[PDB]
Q: 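Here's what I've got: salicylic acid, bound to prestin.
In what follows, chains carry the letters A, B, and so on, assigned in the order in which the sequence lines appear, proteins first and then strands, with residues in each chain numbered from 1. Atom set for the values below is all heavy atoms of this structure, side chains included, hydrogens, waters and symmetry mates excluded. This deposition comes from electron microscopy, 3.6 Å. Every number for a ligand or one of its atoms is a count from 1 in the order of the listing.
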Protein chains: 2
Amino acid sequence: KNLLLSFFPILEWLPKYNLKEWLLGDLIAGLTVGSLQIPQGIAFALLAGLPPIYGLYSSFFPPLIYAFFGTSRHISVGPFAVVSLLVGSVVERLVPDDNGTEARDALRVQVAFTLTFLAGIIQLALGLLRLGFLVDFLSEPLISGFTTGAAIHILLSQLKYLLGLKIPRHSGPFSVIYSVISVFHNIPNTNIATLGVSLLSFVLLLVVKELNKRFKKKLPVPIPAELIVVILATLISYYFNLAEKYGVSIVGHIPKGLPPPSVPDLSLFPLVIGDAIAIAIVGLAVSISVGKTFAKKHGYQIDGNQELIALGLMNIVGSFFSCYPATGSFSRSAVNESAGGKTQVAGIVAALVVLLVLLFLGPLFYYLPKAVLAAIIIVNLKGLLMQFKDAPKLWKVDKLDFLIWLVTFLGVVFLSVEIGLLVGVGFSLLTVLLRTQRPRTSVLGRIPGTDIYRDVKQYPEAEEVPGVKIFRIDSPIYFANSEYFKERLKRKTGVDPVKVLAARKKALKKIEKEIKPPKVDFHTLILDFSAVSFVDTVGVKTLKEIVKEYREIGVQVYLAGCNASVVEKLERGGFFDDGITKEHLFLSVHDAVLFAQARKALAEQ
Amino acid sequence: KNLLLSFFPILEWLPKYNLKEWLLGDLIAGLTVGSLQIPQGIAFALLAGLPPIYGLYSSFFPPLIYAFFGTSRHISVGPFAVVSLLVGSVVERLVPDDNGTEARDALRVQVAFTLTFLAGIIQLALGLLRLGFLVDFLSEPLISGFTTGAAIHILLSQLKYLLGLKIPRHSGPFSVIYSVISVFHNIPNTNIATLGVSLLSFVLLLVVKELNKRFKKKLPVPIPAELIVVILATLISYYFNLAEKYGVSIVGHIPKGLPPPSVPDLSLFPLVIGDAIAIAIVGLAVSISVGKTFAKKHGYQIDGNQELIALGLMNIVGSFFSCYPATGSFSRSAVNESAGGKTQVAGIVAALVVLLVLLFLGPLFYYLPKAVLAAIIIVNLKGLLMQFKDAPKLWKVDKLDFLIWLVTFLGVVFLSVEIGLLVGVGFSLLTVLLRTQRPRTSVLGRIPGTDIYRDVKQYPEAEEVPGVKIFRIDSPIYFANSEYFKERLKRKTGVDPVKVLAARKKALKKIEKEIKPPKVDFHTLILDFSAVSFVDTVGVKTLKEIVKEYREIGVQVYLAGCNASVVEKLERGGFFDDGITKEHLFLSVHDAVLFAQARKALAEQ
Ligand SMILES: CCCCCCCC/C=C/CCCCCCCC(=O)O[C@H](COC(=O)CCCCCCCCCCCCCCC)COP(=O)([O-])OCC[N+](C)(C)C
Ligand SMILES: CCCCCCCC/C=C/CCCCCCCC(=O)O[C@H](COC(=O)CCCCCCCCCCCCCCC)COP(=O)([O-])OCC[N+](C)(C)C
Ligand SMILES: CCCCCCCC/C=C/CCCCCCCC(=O)O[C@H](COC(=O)CCCCCCCCCCCCCCC)COP(=O)([O-])OCC[N+](C)(C)C
Ligand SMILES: CCCCCCCC/C=C/CCCCCCCC(=O)O[C@H](COC(=O)CCCCCCCCCCCCCCC)COP(=O)([O-])OCC[N+](C)(C)C
Ligand SMILES: CCCCCCCC/C=C\CCCCCCCC(=O)O[C@H](COC(=O)CCCCCCCCCCCCCCC)COP(=O)([O-])OCC[N+](C)(C)C
Ligand SMILES: CCCCCCCC/C=C\CCCCCCCC(=O)O[C@H](COC(=O)CCCCCCCCCCCCCCC)COP(=O)([O-])OCC[N+](C)(C)C
Ligand SMILES: CC(C)CCC[C@@H](C)[C@H]1CC[C@H]2[C@@H]3CC=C4C[C@@H](O)CC[C@]4(C)[C@H]3CC[C@]12C
Ligand SMILES: CC(C)CCC[C@@H](C)[C@H]1CC[C@H]2[C@@H]3CC=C4C[C@@H](O)CC[C@]4(C)[C@H]3CC[C@]12C
Ligand SMILES: CC(C)CCC[C@@H](C)[C@H]1CC[C@H]2[C@@H]3CC=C4C[C@@H](O)CC[C@]4(C)[C@H]3CC[C@]12C
Ligand SMILES: CC(C)CCC[C@@H](C)[C@H]1CC[C@H]2[C@@H]3CC=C4C[C@@H](O)CC[C@]4(C)[C@H]3CC[C@]12C
Ligand SMILES: O=C(O)c1ccccc1O
Ligand SMILES: O=C(O)c1ccccc1O
C-alpha cells in the first residue's frame, strides 16, 4: 500500500532507477564522498571527545538507513561539525578528563550513545506528529547567520591542533572570547614541527584543488585532495618519525572489525535530555535546509515529515550500532552534487568505501598527525565562511532580514550555538509583527469618470464622494494593530464619534435648561476590507466598537470586500446583531457608495 | 519645555484639576483603597518572606512617586501577588531558613532591596530606549491566561495559612502538584482554632460585601469590609488570647516610625539578575495591561514609554527607602475606579492613609491572626478566577486565540510563572505565522458586462478572459508562504513552466535528429498584488523565479495593484531588469487585461 511505500521510499524510487546514464555518475560521487568522509569522520570524532573509530562508524551506518527511509536525493548524512561540538560539550561535562583512560572512554561512548538515541527519538516524534511544517519558519537569513557563526566556532576549535597547544576551552556564554585569548596566551608554547606539517598540509591541499580545477579532465573521477594529503602525511610522519622525536600529536590506534552492538544506558536520561533536544533541533534545521536547497535547485519536492522520520530512524539504529548523531551537511552535500550524485545510491557507495576502510585499511592511519585533520576541516569551512557575502545583500534590500542574519550570527558566536538559534528564531518571528503593527491606512476617492477608488494623498485626481467617507486599512486587524487602526480611523476621517456624541449631549441638555451640534461631514463610512486577510478576537471587538460609536452619532458603517473567512469570524463573534446587518456587506467600494447615495435619496422623499 | 512636562506629567495635569466635582470622589476612592492596602500590604509581605512592615512601606512610597511621573489615571500601584511570589522564591533560595532570626531578616531584606533596584533599572531602561511598543504584542488572551494561572498559585499559597499547616513549598516546575499533595498529606495536622477564625473571617467578609452592595447607600463611602474584619479579628485574638492558648499563628511586631534610608548591596547582582529581569517583565506586563484597560474604558490614552519610566523611577526610589517591587494591579485598580477615582490624587490619598498607619496605629496589628489575611487575599482573588469565563468565548470564535489562553494558563500553573509567560508569548507570536502560512489563492474571472474580476470557484458568473490567466494571492509573500505561493500558482494555472520548457526542448531536439509543443492556454499571466501587504527578501527571490520561468515558455507576467512599498522592495531587490519592466506594473487587473489583449492584437498585424 501507498503508506508502506511512503514510509519506505527506497521500495518506490529504486525500481525506476535507469542503470545507463546515472550508475556511472553515482559511483563517481560515492567514491569522491567516501574519500572525503574518512578524514572528516575521524576529525569530527575527536572534536566530540570520543575515540577516532566512532567517526568511521557514524560515516557507515547512518547513510545506509537514510538511503532506505529518506526523501532527498542530494543530501549526504554523516558526522557533522556543529552536532559534534554539542556532543563534545556534554561528554566532557558528564565525564571529566581525570585502566583509567579505557574506563573513561567506555563511560564517554555510553554518554554519546544515550545522546544519539534521545536525539533520534525526538526527531522521529516530530515526524510522526506531522509537525514538520514548522521547519518552514526557519528563514534563509536565519540559516545563513547560524551556519556562518557555527563556522567561526569550528575554525577556533581547530586552531589549537594546528599549532600544537594543549588549551582547554568551552562552548558556553562568551566562550569564543576566552578561547581565542587562551590561544593568544599559549602562542609561545607553539610546537614548530606541528606548525610545519600543518602548513605543508595546507600547501598540498590548495595546490591539488587549484590544479585539478583549472587543468584538463583526463579523469572520470576528480583528484581526491584530502585522501592523498592524509596518505602523504601518514607516510612522512612514519618515515621521519614525528610522533616520538618532535612530539607531534598523532591519531591513536584505529581498531579493525565491524561495530559492536551496544545499548544506550538510560540512567543518564535526566542529565542529557536538554542537550539531546538541542542536537535534535540543530540536526532537523541543517538536514532539512540542505534537502530543500538541493530540491529547489534540481526541481523536486521533499516531505518534511518523512525527512524527520528518516533522520530519526537513522539516529536510533546508529545508537544501537556504536554511532554518534549524524545529520545532513551542506559541505558533503555540495561535494556529492558537484561529483554527479543523482540518487541515494551515492550514499550507499560512500558507506561501502568507509566499510572497506573499517575492515581492512584501519591501522594505516596510526602515524596520521592531528594537524592534517585540522587543516582539512579549515579548507572545507571556506563554503560557510563565504556566506558573509549575504550580510550586505540583505542590508541593501530588507533591513529586518539583515537584522535576522546579524542577530543569529552574533547569538551563535558571542553566546551558545543552541541559544544563538533560539534567539534568531525568536527575532525571526517578531519581524512579522513589526511589519504588520503600523499598517498603511488610506482615505479613498473616486477617479473622475471611472468606477474605481484609490488613495487621495497618492492620487490627487481622485475626489471624495459627498456624504460618504471611505477608509481602507491594508493589513489584518489583530491584537498588534487594532488600537492603531481605530486611532488612524478617527484621525483620517477627522471625526471622533465619542467626542461628537459628548458635545451633542452637552449642547442639547444645556439648551434644555436655558429654555425650560458638531458638524460631521458624512452620513456613511465605508470600510474597504479587501486587504484585510484575517481578523482575530481583538479585531472583531474593535470593529464592534467602531460600528456602535458611529451608530450613536447617526452614521451607517458598511463593509465592502470582506473575504469569506472574515465575514464568518465576524458572524461567530456577534458583529451582525447590534446595528450592522449582513446586508451592509457589499462586494466592492462602488456597490456600497451606490447603495449609500440611494438610501439617502429614498429617505429625503 | 514640553520634554520636562512630558517627563513630569504631574506639573501638566495638576493645575487643570477642577476642585468641585472630583476632589470628593478621589478622597472617597483614596480612603477606600488605603483601607484595602493595609491588610493586603501585610499579607503580600509575608508571601514574599520579608517581615510584615515592608508591605506598609511598599504601600506608601511607590504610589507617591507614580503619581508624580505616571500617565495612567485609574491604576493603583503597590505590593501585588505575583511579584511578591517571585521575590519570595529568590529570598528563601539565597537565604535558607536556618540573634540568628534578626541576622537572617537583615540579609533577607538586603536581597529584596537588590531585587527592587535591578527591576526598577530594567523598566527605566526599556522606557528610555523607546521599547514600550513591544508591550502591544501582549495579547488580551495571553494576559487573561497568565493572570488566571497566577491566581491558582496565589490561592494554593494561602491554603497553608488558612488551616494552620507548616508545609514548605516551591514555585518551580510542576510545583503546584507537589504543593497540593503536600497539603493533602498534612491535612490531619489541621489546627482547629485556626480553621475557626478563617471561616469566621470568610462569613464576616461575604456578609459585609453582600449587605453594603444590595442595601441603601446612606453613606458617601462604602463599608470597608477588609478593615473592619481585621479590626474584629485582632480584638477577638487579643481578648480570647488565641496566639498562646490554641497556638493560632499571628502577625509579629509591627514597628512604629518612617522607613530607614537603605542601600541595595550589589555584591548579589549576578545571583539575582535573572529573577530581577523576570520581576521587571511581569511588572510591565500587568501594570501597562491595567493602564490600557482603564484608559480604553474611560476614553483616554497612556504613553507606554512614560509608563516604563514611571514604574522604573517608582521602584528605584522605593529600593533606597526600604520597599520591595511595586506594580499596578487589576484588583486595587478596579476598587480605585468603582470607589470614584478620577486622578492620581486617589493614589496620594491612599498613601497618606498608609502613612498615618505606619506612624501611629502600627502595633495594634500584633494579635491579628495570619488566617484573616489569607481569607482577605482569597475573597479578592474572585475577580481573576472569574476569567475562566474567557476560555469558552475564545473557543466559540477563534481556536488559535483559545490556544493562546490555554497555553499561557497551563504554562503558568504546571511550570514556572516566568516560563508560563515566556511560552505564552512565543505561541502568541507563532499564531500570526500559522494564519499567513497557507494563504487563500484564487483564479479570477471578469463578471459579464462589468469591469470587475472575482474568484471563479466562489462566483460561477465570472468567465476567464481568453489568453489571459489572472491569479491573486491574499497575503504577504514572505519566507513562511513563498514555496506555497509558487506551488499554488503552478497548480491553479495548470501549467508548470519548467516541465513545459523541458517537454518543448526534448520534442525540438528529437525532431532535429529524426529530420537531420505543450499547449499552454495563455499568453499573459497577471498577478493581482492588491492584498500583498509586504514582500521580504525570499519573496522578491521567488517572484524573480516565477517571472523568469514564464519568460522562457514565452508568457508575459504583469503585476496589477502593487502598493508603493512592494514596488520599492522589488526595485531594490532587482526584479525590474531581467524580463519585467516598470511598465508591466498596472493599477488594477482591468488595465492589465486591456494592455495584454492590445499587445497581442498589435503583434498579429
Ligand atoms: C536590548 C535589550 C532589550 C530587548 C531586546 C530588543 C527587542 C527587539 C528589538 C527590536 C528592534 C527592532 C526595531 C525595528 C523597527 C522596524 C523598523 C526597522 O528596523 O526598519 C529599518 C530601520 O531600522 C533598522 O532596521 C536599523 C538597522 C540598523 C540597526 C543596527 C545596525 C548595526 C550596525 C552594524 C554593527 C555590527 C555590530 C554591532 C551591532 C549590534 C528600515 O528599513 P527599510 O529598508 O527602510 O525598510 C524595511 C521595512 N521596515 C522594517 C522599515 C518596515
Ligand atoms: C537560557 C535561556 C535563554 C532564554 C532566551 C529567551 C528567548 C529569546 C527571544 C528573542 C526575542 C528577540 C530578542 C532579540 C533582540 C534583538 C536585539 C536588537 O535589535 O539588537 C540589534 C543588534 O544587537 C545584537 O547584536 C543582538 C545580539 C543578541 C540579542 C539578545 C537579546 C536578548 C536575549 C538574550 C538571552 C540571554 C541569555 C543569557 C545566557 C544565559 C540592534 O538593535 P536595533 O535597535 O534593532 O538597532 C537598530 C535601531 N532601531 C532604529 C531599529 C531601533
Ligand atoms: C509537543 C512538543 C512539540 C513542540 C510544541 C508544538 C509546536 C506548536 C504547535 C502548533 C500546533 C498548532 C496547529 C494549529 C494549526 C492551525 C489550525 C488550527 O489550529 O485551527 C483550528 C483547528 O485546530 C485547533 O485549533 C484545535 C483546537 C483544539 C486543540 C486542543 C484542545 C484541547 C482540549 C482541552 C483539554 C484541556 C487540557 C489538555 C489539553 C492540552 C480551527 O479553528 P477554526 O475555528 O476552524 O478557525 C480559526 C482559524 N484557523 C486557525 C483554523 C486558521
Ligand atoms: C528554561 C528555558 C525554557 C526555554 C523555553 C523556550 C521558549 C518557548 C517557545 C514557545 C513556542 C511554542 C511552544 C508552545 C507549544 C504549544 C503546544 C500545543 O499546541 O499544545 C496544545 C496544548 O498543550 C499544552 O497544554 C501545552 C503546554 C505548554 C507548552 C509547552 C511547549 C514546549 C516548551 C516548554 C519549555 C519547557 C521548559 C522546561 C523546564 C525547564 C495542544 O496541541 P495542538 O496540537 O495545538 O492541539 C490541537 C490539535 N491540532 C489539530 C492543532 C494539531
Ligand atoms: C544545562 C543546560 C542549560 C544551558 C544554558 C541555559 C539556557 C538553556 C537554553 C538552551 C537549551 C536549548 C534548546 C533549544 C535549542 C533550539 C531552540 C530553537 O531553535 O527554538 C525553536 C523552538 O523552541 C523550542 O520549542 C525550544 C524547546 C525547549 C527546549 C528547552 C528546554 C531545556 C530544558 C530541558 C528539560 C529539563 C530536564 C528534564 C527534567 C529535569 C526550535 O527550532 P526550529 O528550527 O523551529 O525546530 C523546530 C522544528 N520542529 C519541532 C517543528 C520539527
Ligand atoms: C536560575 C534561574 C533559572 C530558572 C529556570 C530555568 C529557565 C530559565 C527561564 C526563566 C527566566 C525568565 C525570564 C523571562 C520572563 C518573561 C519572558 C517573556 O515574557 O518573554 C518576552 C521576551 O523574552 C525575552 O526577551 C526574555 C529575556 C531574557 C531573560 C532570560 C535570561 C535568563 C538568564 C539571566 C542572565 C544570567 C546571569 C548573568 C551572568 C552570570 C518578554 O515579555 P513582554 O511582556 O513582551 O515584555 C517585554 C516588553 N518590553 C521589553 C518591550 C518593555
Ligand atoms: C574553490 C574552492 C572549492 C577551493 C578554494 C581553495 C581553498 C580550499 C583553500 C586554498 C588556500 C587556503 C588557505 C591557505 C592557508 C591558510 C592559512 C591558515 O593559517 C588558515 C587557512 C588559510 C587562509 C586557507 C583557507 C582555505 C583556502 C583558501
Ligand atoms: C563583521 C560581521 C559582524 C558582519 C557585519 C556586517 C555589517 C555590519 C556591514 C559589513 C558589510 C557592510 C556593507 C558593505 C557595503 C555597503 C555599500 C555601501 O554603499 C552602503 C553600506 C553597505 C551596504 C554596508 C552596510 C553595513 C555592512 C552590511
Ligand atoms: C461581587 C463581589 C465583589 C463579591 C462576591 C463575594 C466574594 C468576595 C466571596 C463571598 C463568599 C466567598 C466564598 C466563601 C467561602 C469560601 C470557602 C473557602 O474555603 C474558599 C473560598 C470561598 C469559596 C469564598 C470565595 C469568595 C466569595 C465568593
Ligand atoms: C479547566 C481549564 C484547563 C479550562 C479548560 C477549558 C476548556 C478545555 C473547555 C471548558 C469549557 C468548554 C466549553 C464550554 C461550553 C461549550 C459549548 C458547547 O456547545 C460546545 C463546546 C464548548 C464551547 C466548550 C469547549 C471546551 C471548553 C472551552
Ligand atoms: O556544513 C555545514 O552545514 C556546517 C554548518 C556549520 C558549521 C560548519 C559546517 O560545516
Ligand atoms: O490583580 C492582579 O493583577 C493579579 C494577577 C495575578 C494573580 C493575582 C492577582 O491579584
Q: Which ligand entries or polymer chains correspond to salicylic acid?
A: ligands 11 and 12
Q: What chains, other than any belonging to the drug, come within less than 4.0 Å of salicylic acid (ligand 11), counting only non-hydrogen atoms?
A: A
Q: Would you check which organism the entry records for chain A?
A: Homo sapiens
